[PDB]
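To start, the structure under review is shown below, and the notes come after it.
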Amino acid sequence: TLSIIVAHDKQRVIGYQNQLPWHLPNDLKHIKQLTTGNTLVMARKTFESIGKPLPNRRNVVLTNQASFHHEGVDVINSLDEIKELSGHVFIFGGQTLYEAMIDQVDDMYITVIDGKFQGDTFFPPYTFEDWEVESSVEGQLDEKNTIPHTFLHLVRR
Ligand SMILES: NC(=O)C1=CN([C@@H]2O[C@H](COP(=O)(O)OP(=O)(O)OC[C@H]3O[C@@H](n4cnc5c(N)ncnc54)[C@H](OP(=O)(O)O)[C@@H]3O)[C@@H](O)[C@H]2O)C=CC1
Ligand SMILES: COc1cc(Cc2cnc(N)nc2N)cc(OC)c1OC
């Protein structure tokens, strides 16, 4: 299975200055629940924003830099190599990768953030006729989670 996983606001902003605009712990928890034991493919600026591979899953970074190397990261250099990865693979961002892959993935796990944060990167448009909703549920809000958010799981039609 090849899956997108992303969080975006109502404007479909995902990022600003190579960081996430918002801090939403419940999104990070959701990330962890879905991806533990599986494989992440992240494009290079995303990897550099996060700064280190995430524990307890395989971290693959996509880059055209031949000398790119990092401890605990496998490196690929074209989108064709994504097909070759085994098991459940998550396209983990950023925009360049989401743009490239949205017409290729089997399904998408989207966290829709009920907010408007200014951004310099976006998640591509996606429509009702391409995607069917497998589930939609609202995240629980609390002292640490103050922005309303929906977890949406879409599967290609
Ligand atoms: N809200 C969310 O869920 C998420 C948001 N983000 C946000 O997204 C933004 C980053 O997105 P963006 O700026 O588009 O950068 P990306 O994270 O998409 O990284 C782009 C880099 O990836 C490499 N790359 C992309 N396509 C290819 C290819 N076909 N072959 C080889 N290398 C490739 C290149 O690296 P090189 O230059 O090394 O060749 C390129 O410069 C950040 O603000 C981040 O915070 C990221 C993940 C999730
Ligand atoms: C676990 O930490 C991060 C995770 C991500 C990617 C990401 C985050 N949330 C969702 N729902 N999908 C994604 N692909 C992006 C990040 O920064 C750009 C992170 O650092 C804060």
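Following the PDB entry, chain A shows residues 1-157, kept in their order. Each ligand, and each atom within it, is numbered from 1 in the order the structure gives. Just the heavy atoms: all of them, side chains too, but no hydrogens, waters or symmetry mates, feed the values below. Heads up, header says this was done by X-ray crystallography, 1.8 Å.
- Of the candidates tazobactam, mianserin, trimethoprim, nolatrexed, what sits at ligand 2 is trimethoprim.
- For trimethoprim, the chief contact partner in this model is given in UniProt as Dihydrofolate reductase type 1 from Tn4003.
- Distances below 4.0 Å separate heavy atoms of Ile5 from the following atoms of trimethoprim: 12 (N), 13 (C), 14 (N).
- Residue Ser49 places a heavy atom under 4.0 Å from trimethoprim.
- Filtering the residues that UniProt lists as binding substrate in chain A by heavy-atom distance under 4.0 Å from trimethoprim yields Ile5, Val6, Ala7, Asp27, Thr111.
- Here's the thing with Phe92: one of its N/O atoms is less than 3.5 angstrom from an N/O atom of trimethoprim.
- Contact analysis leaves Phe151 out of contact with trimethoprim, as no non-hydrogen atom separation drops below 4.0 angstrom.
- Intersecting the UniProt NADP(+)-binding annotation for chain A with heavy-atom proximity to trimethoprim (under 4.0 Å) gives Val6, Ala7, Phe92.
- Ranked by closest heavy atom to atom 15 (C) of trimethoprim, the top entry among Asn18, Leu20, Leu24 is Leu20.
- Atom 7 (C) of trimethoprim has its closest protein heavy atom at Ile31 CD1, 3.5 Å.
- Backbone and side-chain nitrogen or oxygen atoms of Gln19 are examined, and none is located within less than 3.5 angstrom of a nitrogen or oxygen of trimethoprim.
- Considering both main-chain and side-chain atoms, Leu54 never comes within under 3.5 Å of trimethoprim through any nitrogen or oxygen pair.
- Every N/O-N/O distance between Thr46 and trimethoprim stays at or above 3.5 Å.
- Closest protein heavy atom to atom 2 (O) of trimethoprim: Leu28 CD2, 4.1 Å.
- Only side-chain heavy atoms of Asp27 come within less than 4.0 Å of trimethoprim; its backbone N, CA, C and O stay farther off.
- Trimethoprim is contacted mostly by residues of chain A from UniProt domain dhfr.
- Regarding atom 16 (C) of trimethoprim, its nearest protein heavy-atom neighbour is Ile50 CG1, 3.6 Å.
- For trimethoprim, the atoms lying closer than 4.0 Å to a non-hydrogen atom of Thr111 are 11 (N).
- For trimethoprim, the heavy-atom contacts closer than 4.0 Å come from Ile5, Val6, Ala7, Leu20, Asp27, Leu28, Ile31, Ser49, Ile50, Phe92, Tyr98, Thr111.
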